[PDB]
Undergrad: 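Sending over a structure with estradiol; questions below.
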Amino acid sequence: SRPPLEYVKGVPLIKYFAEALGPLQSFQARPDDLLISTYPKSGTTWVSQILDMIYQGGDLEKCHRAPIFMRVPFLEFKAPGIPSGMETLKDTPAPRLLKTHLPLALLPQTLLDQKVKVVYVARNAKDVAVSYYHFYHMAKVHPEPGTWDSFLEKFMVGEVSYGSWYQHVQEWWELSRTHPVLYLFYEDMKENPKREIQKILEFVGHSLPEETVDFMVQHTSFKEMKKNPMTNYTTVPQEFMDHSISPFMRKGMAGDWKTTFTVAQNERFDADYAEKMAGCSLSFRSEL
Ligand SMILES: Nc1ncnc2c1ncn2[C@@H]1O[C@H](COP(=O)(O)O)[C@@H](OP(=O)(O)O)[C@H]1O
Ligand SMILES: C[C@]12CC[C@@H]3c4ccc(O)cc4CC[C@H]3[C@@H]1CC[C@@H]2O
């Protein structure tokens with residue numbers, strides 16, 4: 001029950017994912033692949049749906065062909081009895097959309113060699129932290145979260161699945177100076193989706209009718225993605241994800257962190273944060 005994390009090259013990984021890193025060393029990326037990269041709980045499921053929808057030419061029905069995680073293979077994914085993303089990936093027709101949360105240290109080198117385009121989504125740390133906490137309770141493969149207070153503690157030192165969020169956002173921020181990486185912010189997508197969805201289109205080449213963009217905007221909203229079983233993850237074994245404790249689609253909001261963080265925590269955290277994001281131009285909005 002609740003296996004513990006396995007460290008690989010300094011990164012804490014879910015046992016099953018750590019295992020998957022081996023076959024993964026055989027992954028050959030295609031020049032037309034598109035990688036969705038994010039630190040967990042930063043809008044991955046959200047941007048995947050937008051991308052898939054764009055790829056299907058705005059066709060809602062085609063996007064309903066199967067579970068978002070089947071449509072957009074999860075690269076380092078592996079679970080007992082379930083087909084690894086690697087497996088699933090050889091059954092996937094190009095152009096392909098792939099997702100990952102792995103830090104550069106562990107990113108299959110083939111994707112950089114093949115100069116594969118990257119859509120990266122970042123989210124303010126406080127919200128990611130609250131979100132990850134609840135996610136740790138409902139996604140059975142993670143270790144015990146404990147109290148929210150001890151978790152925040154773990155979070156700060158990077159002792160959580162996929163490690164430091166601080167390092168994660170900075171390293172991909174850096175990568176973007178020399179690699180094709182569209183770096184988006186969750187908060188911006190919340191503020192003005194249509195504006196962000198446009199940036200994505202420009203970045204991936206495709207170009208659709210304003211009448212089409214608005215259609216997506218509606219369909220890739222929290223309300224809509226919450227009820228759609230092809231994106232809310234309510235279609236996976238209750239053993240893996242128990243939505244009754246906390247649903248995958250929880251709130252969908254920027255700023256929800258204020259109702260969980262205490263004043264003590266908020267104080268300790270901002271002190272620690274000022275240190276870790278020192279000489280970095282990266283900047284985050286914590287509300288709105
Ligand atoms: N279309 C959408 N618009 C806004 N937030 C969304 C969304 N789809 C999912 N989310 C939220 O984004 C986070 C996505 O997690 P992941 O990065 O693993 O896909 C969760 O955050 P909350 O738990 O704060 O709601 C989820 O509920
Ligand atoms: C909970 C699982 C491991 C963690 C996976 C994850 C991990 C991080 C994240 O941001 C999103 C997801 C979506 C699918 C999750 C998986 C569903 C099956 C597996 O047990």
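If you read the sequence from its start, that first residue is 1, and numbering goes on from there. Both ligands and their constituent atoms are indexed starting at 1 by order of listing. We use all heavy atoms of the structure for the numbers below, so side chains are in, but hydrogens, waters and symmetry mates are not.
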Undergrad: Provide the full list of ligands or chains for estradiol.
TA: ligand 2
Undergrad: Which chain forms the largest contact interface with estradiol (ligand 2) when counted as heavy-atom pairs under 4.5 Å, and how does the PDB entry name it?
TA: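 The chain with most contacts is Sulfotransferase 1A1.
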Undergrad: Which chain positions lie within 4.0 Å of estradiol (ligand 2) by heavy-atom distance?
TA: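 On a heavy-atom basis, the binding site is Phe17, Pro40, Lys41, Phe74, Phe77, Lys99, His101, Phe135, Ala139, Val141, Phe240, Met241.
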Undergrad: With atoms numbered from 1 as shown, which atoms in estradiol (ligand 2) lie under 4.0 angstrom from a non-hydrogen atom of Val141?
TA: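 Per the distance check, 3 (C), 20 (O).
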Undergrad: Would you mind running through estradiol (ligand 2) and noting each atom that sits below 4.0 Å from a heavy atom of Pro40?
TA: 8 (C), 9 (C), 10 (O)
Undergrad: Need the estradiol (ligand 2) atom indices (1-based, order shown) with element for anything under 4.0 Å from a heavy-atom of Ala139.
TA: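 Listed by number with element, the hits are 1 (C).
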Undergrad: Judging by distance only, is a nitrogen or oxygen of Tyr162 under 3.5 angstrom from one on estradiol (ligand 2)?
TA: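 No; the residue has no nitrogen or oxygen that sits under 3.5 Å from a nitrogen or oxygen of the ligand.
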Undergrad: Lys99 to estradiol (ligand 2): N or O pair under 3.5 Å?
TA: no
Undergrad: I need the source organism for chain A from the PDB entry - what is it?
TA: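 By the entry, the source is Homo sapiens.
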Undergrad: What other ligands and ions have an atom less than 4.0 Å from estradiol (ligand 2)?
TA: ligand 1 (adenosine-3'-5'-diphosphate)
Undergrad: Could you find the nearest UniProt active-site residue of chain A to estradiol (ligand 2) and let me know the heavy-atom distance, rounded to 1 Å?
TA: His101, 3 Å
Undergrad: Please identify which atoms of estradiol (ligand 2) are closer than 4.0 Å to at least one heavy atom of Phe240.
TA: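 Once the distances to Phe240 are compared, the set is 20 (O).
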Undergrad: With atoms numbered from 1 as shown, which atoms in estradiol (ligand 2) lie under 4.0 angstrom from a non-hydrogen atom of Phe17?
TA: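 So the atoms of estradiol (ligand 2) that pass are 3 (C), 4 (C).
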Undergrad: Which residues of the UniProt substrate-binding set in chain A does estradiol (ligand 2) share, counting a residue if one of its heavy atoms lies under 4.0 Å from it?
TA: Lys99, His101
